[PDB]
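Okay, so here's the structure we're looking at.
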Amino acid sequence: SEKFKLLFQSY
Amino acid sequence: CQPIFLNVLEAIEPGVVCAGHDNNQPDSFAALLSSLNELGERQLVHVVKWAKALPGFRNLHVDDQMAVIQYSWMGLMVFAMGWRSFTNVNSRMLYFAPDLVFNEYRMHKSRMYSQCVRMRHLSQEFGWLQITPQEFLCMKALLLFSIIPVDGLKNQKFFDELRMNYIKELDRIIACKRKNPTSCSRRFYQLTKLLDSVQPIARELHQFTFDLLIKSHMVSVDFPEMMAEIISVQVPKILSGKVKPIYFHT
Ligand SMILES: C[C@]12CCC(=O)C[C@@H]1CC[C@@H]1[C@@H]2CC[C@]2(C)[C@@H](O)CC[C@@H]12
């Protein structure tokens with residue numbers, strides 16, 4: 001997981 | 001007294017989401033699935049925003065926050081979709097999106113007809129069971145706390161606490177307007193049973209999407225970035241038994 005992480009981070 | 005909890009669920013409930021499907025083109029497996037994958041991607045965004053705004057959700061360890069989302073997204077989206085189908089078309093079809101509604105013909109062409117009928121039955125459940133708009137909201141929130149990894153979460157204690165509270169709120173919803181504890185129990189039975197039937201469906205869909213990903217390049221099915229990532233890194237864990245649903249019944 002690396003893409004979902006960035007989505008999660010920026011709401 | 002005012003329902004602070006239900007006010008929040010109601011307020012954070014995501015709006016309509018489109019699939020961006022071309023209904024002018026004749027149906028085909030590639031196009032239908034490729035659109036469902038795009039729809040999944042889009043809905044994922046709303047599921048993240050929805051969850052981040054849930055009561056006490058931020059108390060979970062940041063890692064567990066991303067985990068429960070990657071494990072239950074399916075069950076959440078299937079449950080939410082079964083509800084749109086009941087309120088929009090009275091379960092006559094599968095209302096995935098306003099621009100992507102499935103009739104038996106499409107259920108067949110999608111090569112997941114059985115799973116779809118499963119979801120139609122689920123849709124009808126909202127009717128036969130007379131699931132109020134409030135019971136639905138709380139049930140959906142609960143599905144986010146319904147699938148945990150066997151090795152446990154980063155902070156398994158917080159999750160247990162949070163999940164517990166949501167079950168407590170669901171008891172309040174049922175307790176409202178119901179004075180007899182027997183009808184309260186009888187209602188909890190039905191809702192928990194309904195919430196369980198979501199898992200078998202999610203499983204079948206998990207397995208189906210998983211295979212589709214592996215042969216996607218052969219059947220011309222497009223998988224959005226995140227979608228492919230989640231299905232190849234998270235989904236397999238569920239399918240391999242490392243991550244399991246929490247049933248209320250056996
Ligand atoms: C979650 C979605 C899309 C959002 C929704 O309303 C429920 C529906 C259930 C079937 C899923 C679909 C997303 C794309 C998947 C995962 C396909 O690959 C096969 C099963 C599809």
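Labels below follow one simple rule: chain letters A, B, ... track the order of the sequence lines, proteins then strands, and each chain is numbered from 1. Determination method: X-ray crystallography, 2.3 Å. Both ligands and their constituent atoms are indexed starting at 1 by order of listing. Computation of the quantities below employed the complete heavy-atom set of this structure, encompassing side-chain atoms and omitting hydrogens, waters and symmetry-equivalent molecules.
The compound at ligand 1 is the drug or drug candidate dihydrotestosterone.
This structure shows the largest set of contacts to dihydrotestosterone (ligand 1) coming from the chain UniProt labels Androgen receptor. Taking 4.0 Å as the heavy-atom limit, the other chains contacting dihydrotestosterone (ligand 1) are B. Defined by non-hydrogen atoms within 4.0 Å, the binding site of dihydrotestosterone (ligand 1) is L33(B), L36(B), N37(B), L39(B), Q43(B), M74(B), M77(B), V78(B), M81(B), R84(B), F96(B), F208(B), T209(B), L212(B), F223(B). Distance screen at 4.0 Å: atom 16 (C) of dihydrotestosterone (ligand 1) has a protein heavy-atom neighbour inside the cut-off. Covalent bond for dihydrotestosterone (ligand 1) in this entry: none. Within chain B, UniProt domain annotation places most contacts with dihydrotestosterone (ligand 1) in NR LBD.
Residue-ligand proximity, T209(B) to dihydrotestosterone (ligand 1), at heavy-atom distances under 4.0 Å covers atoms 16 (C), 18 (O), 19 (C). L205(B) CD2, 4.0 Å is the protein heavy atom nearest to atom 20 (C) of dihydrotestosterone (ligand 1).
Distance screen at 4.0 Å: atom 7 (C) of dihydrotestosterone (ligand 1) has a protein heavy-atom neighbour inside the cut-off.
When each atom of dihydrotestosterone (ligand 1) is checked for a heavy atom of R84(B) under 4.0 Å away, the hits are 6 (O). The shortest contact between atom 18 (O) of dihydrotestosterone (ligand 1) and any protein heavy atom is with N37(B) OD1, 2.8 Å. Shown in contact with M81(B) at under 4.0 Å from a heavy atom are these atoms of dihydrotestosterone (ligand 1), numbered in order with element: 6 (O).
Residue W73(B) has no nitrogen or oxygen atom sitting less than 3.5 Å from a nitrogen or oxygen atom of dihydrotestosterone (ligand 1), judged on distance alone.
Of the residues that UniProt lists as binding 17beta-hydroxy-5alpha-androstan-3-one in chain B, those with a heavy atom under 4.0 Å from dihydrotestosterone (ligand 1) are the following: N37(B), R84(B), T209(B). When only non-hydrogen protein atoms are considered, atom 9 (C) of dihydrotestosterone (ligand 1) lies nearest to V78(B) CG2, 3.9 Å. If you check which protein heavy atom lies closest to atom 12 (C) of dihydrotestosterone (ligand 1), you get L36(B) O, 4.0 Å.
At the top of the distance list for atom 11 (C) of dihydrotestosterone (ligand 1), counting protein heavy atoms only, stands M74(B) SD, 4.3 Å.
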List dihydrotestosterone (ligand 1)'s nitrogen or oxygen atoms that come under 3.5 Å of a protein nitrogen or oxygen, with the partner atom and distance.
residue, atom, partner, partner atom, Å
dihydrotestosterone (ligand 1), 6 (O), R84(B), NH2, 3.1
dihydrotestosterone (ligand 1), 18 (O), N37(B), OD1, 2.8
dihydrotestosterone (ligand 1), 18 (O), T209(B), OG1, 3.1

